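Featured here: a structure holding thioridazine.
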There are 2 protein chains.
Amino acid sequence: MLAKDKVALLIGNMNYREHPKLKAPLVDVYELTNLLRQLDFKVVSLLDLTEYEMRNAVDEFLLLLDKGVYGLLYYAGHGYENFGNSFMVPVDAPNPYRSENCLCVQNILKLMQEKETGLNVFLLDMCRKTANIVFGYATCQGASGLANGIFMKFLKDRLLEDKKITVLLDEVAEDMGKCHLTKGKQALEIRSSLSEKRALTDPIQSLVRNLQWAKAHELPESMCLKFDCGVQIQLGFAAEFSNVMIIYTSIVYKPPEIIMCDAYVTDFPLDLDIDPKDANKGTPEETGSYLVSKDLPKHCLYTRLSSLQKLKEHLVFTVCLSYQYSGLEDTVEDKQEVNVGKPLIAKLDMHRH
Amino acid sequence: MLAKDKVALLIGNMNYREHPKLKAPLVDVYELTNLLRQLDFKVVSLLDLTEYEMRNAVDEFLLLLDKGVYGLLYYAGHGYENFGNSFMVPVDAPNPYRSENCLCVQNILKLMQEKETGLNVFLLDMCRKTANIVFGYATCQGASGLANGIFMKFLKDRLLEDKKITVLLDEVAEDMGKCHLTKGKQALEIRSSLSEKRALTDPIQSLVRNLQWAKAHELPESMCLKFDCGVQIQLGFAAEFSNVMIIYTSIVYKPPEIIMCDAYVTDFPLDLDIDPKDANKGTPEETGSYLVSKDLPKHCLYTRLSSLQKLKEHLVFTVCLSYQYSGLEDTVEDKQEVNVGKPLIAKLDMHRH
Ligand SMILES: CSc1ccc2c(c1)N(CC[C@@H]1CCCCN1C)c1ccccc1S2
Ligand SMILES: CSc1ccc2c(c1)N(CC[C@@H]1CCCCN1C)c1ccccc1S2
């Protein structure tokens, strides 16, 4: 009934290059993260991961699976099923699906079986297809303002109960059976080898791994930049996921001369695919972050750094003023370079194995 | 919470020609049969089945798996595991194991998935290796007077509870985890796709299949044979399994002249491998039947017809007197032929598909 440690990996794929884009992963990952954080889990929550990235993530999660620890692996995205095998489809995989570009569940399972963990939860919320392993395999992605998936809708309600994981997983499967969409088709399949009364609400009693997590989720301190013209800018930061950071720009001081100005953030490194057409927005929802206008200050300009695991070099970006007073007809610009270092998951380079 | 019908198939392999003989199947099958009979299940309980027999049994069980019925399939014997596949080993299979001679679990499963049954329980007690399918896969055969297997030891206690099958299967897995032999190794693995509150204790509310079961388990009426010398013999019958019948011979009348006699049963058809060295025993335990001396009359001679599914032709056997009085020095014999018809499972010929 006790855990040596509690570590979880959460993968959500929402933006496919060559397959249909998915809406549910973002909320399910965010919501399940904070819920496991409540259960004292050192969670890594990653969005829109490629083949090589996914592979590196899992291997790194598997390394933490020492004797008596509690592992949780949640994947929400596209799935594939060929010759009784199932695969987790990454964002880079081309259409049609091919196994060489995907992650075989059966293999992940084979590696998990070679473990001495007191509990290991393998959750899959797939679309369009003793180690004490508790395998939960859902097949429904037909999901307020924001979309929550059918599996998570029920998983969240029961996740905080002090009952055996298999008992909750069985109740969530029946809960789905009461719902109209999930009664028609049997989306949930459970596979257990759990010999003891192990729950997700179980205390821990080696805390060096807690310090390694803190190091992996360090957000840059709020910075202020003074410009030649006099205007002083505020640079704020917020964490959304392990690989997703929101950047905000506000104006602290404006002299009576300046009638219109706003600091824009640009020239982010090439490795992260951020298109200027989706940055420096009016509200943070426009990006769009799970983070709502209320938890971030109003009158700012927002930019979301979606892919941080691609940060090979220290974060360097330029900020522009774009200030014009009605007296003069032409718009003027002044710019300066900022170094934010290696934020969040970017600290540990995703490269390589 | 209701069943269209409740049908179960129980296979136990206890006497291997080319692999180690097993002791537990006999009690587990007998004990689980009567327990499911209590739960209003039309059970067929078969012992020591070959390749072709096993294959025919399963197919015939699968044909009963119509919409909303409750199926239960219990196999206790040797198992085999090659390339992630598991196999049920029949009695005729040679050593080493070969798949062509065995029954792939994965295939049985594939066929079960093509069903509309309200519940389908697949139990396996293997050694030395929506359809609402509840797959229970045990791997421990290191089992009063008679041996009861580790899985059954706990399965029987919980089998009569009005709780969801998956909940009981989870409790039996934990019960095993409390036991010393079953805590060391994780023998039980559960796989469920059960979306609704379906239990083995569930009422039925099409009863033509009940009449077909009765027909399949008709035992021959107790017969008496009068001999030329005067001595009258009693021929009794008892059912042990669907394919296993106990035959008993007693003496009703003996004139004052006869000082020693006993009716021996012989010349049973060749298809059933009964060796005279194991027939006409002092007590029924000597055969040995699960049936104890107390439920059958004392002072009889017992013969067990182990394999009845091999009965292609009406049961014909000869009975001999073997009577000698101390006055005369030589032992005399008189014999007559008896037709018992097609008893128990022998009524429906196991041949062929
Ligand atoms: C601490 S709590 C925690 C829980 C889940 C993950 C995780 C950390 N990390 C950091 C893993 C460390 C980093 C240092 C070397 C050894 N590894 C195993 C990951 C990192 C990269 C991809 C996926 C994951 S999964
Ligand atoms: C009635 S209740 C019941 C429960 C489990 C079995 C069973 C009957 N029978 C008789 C099956 C009938 C006989 C007539 C034709 C259609 N079939 C499907 C078997 C017979 C032979 C091998 C295994 C089995 S399994």
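Reminder, nothing fancy here: chain letters follow the sequence lines and each chain counts from 1. Ligands are counted one by one from 1 in listed order, and the atoms in each one are counted from 1 as well. Note that these values count all heavy atoms, side chains included, but never hydrogens, waters or copies made by symmetry.
Of all chains here, the one making more contacts with thioridazine (ligand 1) than any other appears in UniProt as Mucosa-associated lymphoid tissue lymphoma translocation protein 1.
The letters of other chains with a heavy atom under 4.0 Å from thioridazine (ligand 1) are A. The set of residues with a heavy atom less than 4.0 Å from thioridazine (ligand 1) is A:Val7, A:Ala8, A:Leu9, A:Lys42, A:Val44, A:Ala57, A:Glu60, A:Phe61, A:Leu63, A:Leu64, A:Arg209, A:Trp213, A:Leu348, A:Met350.
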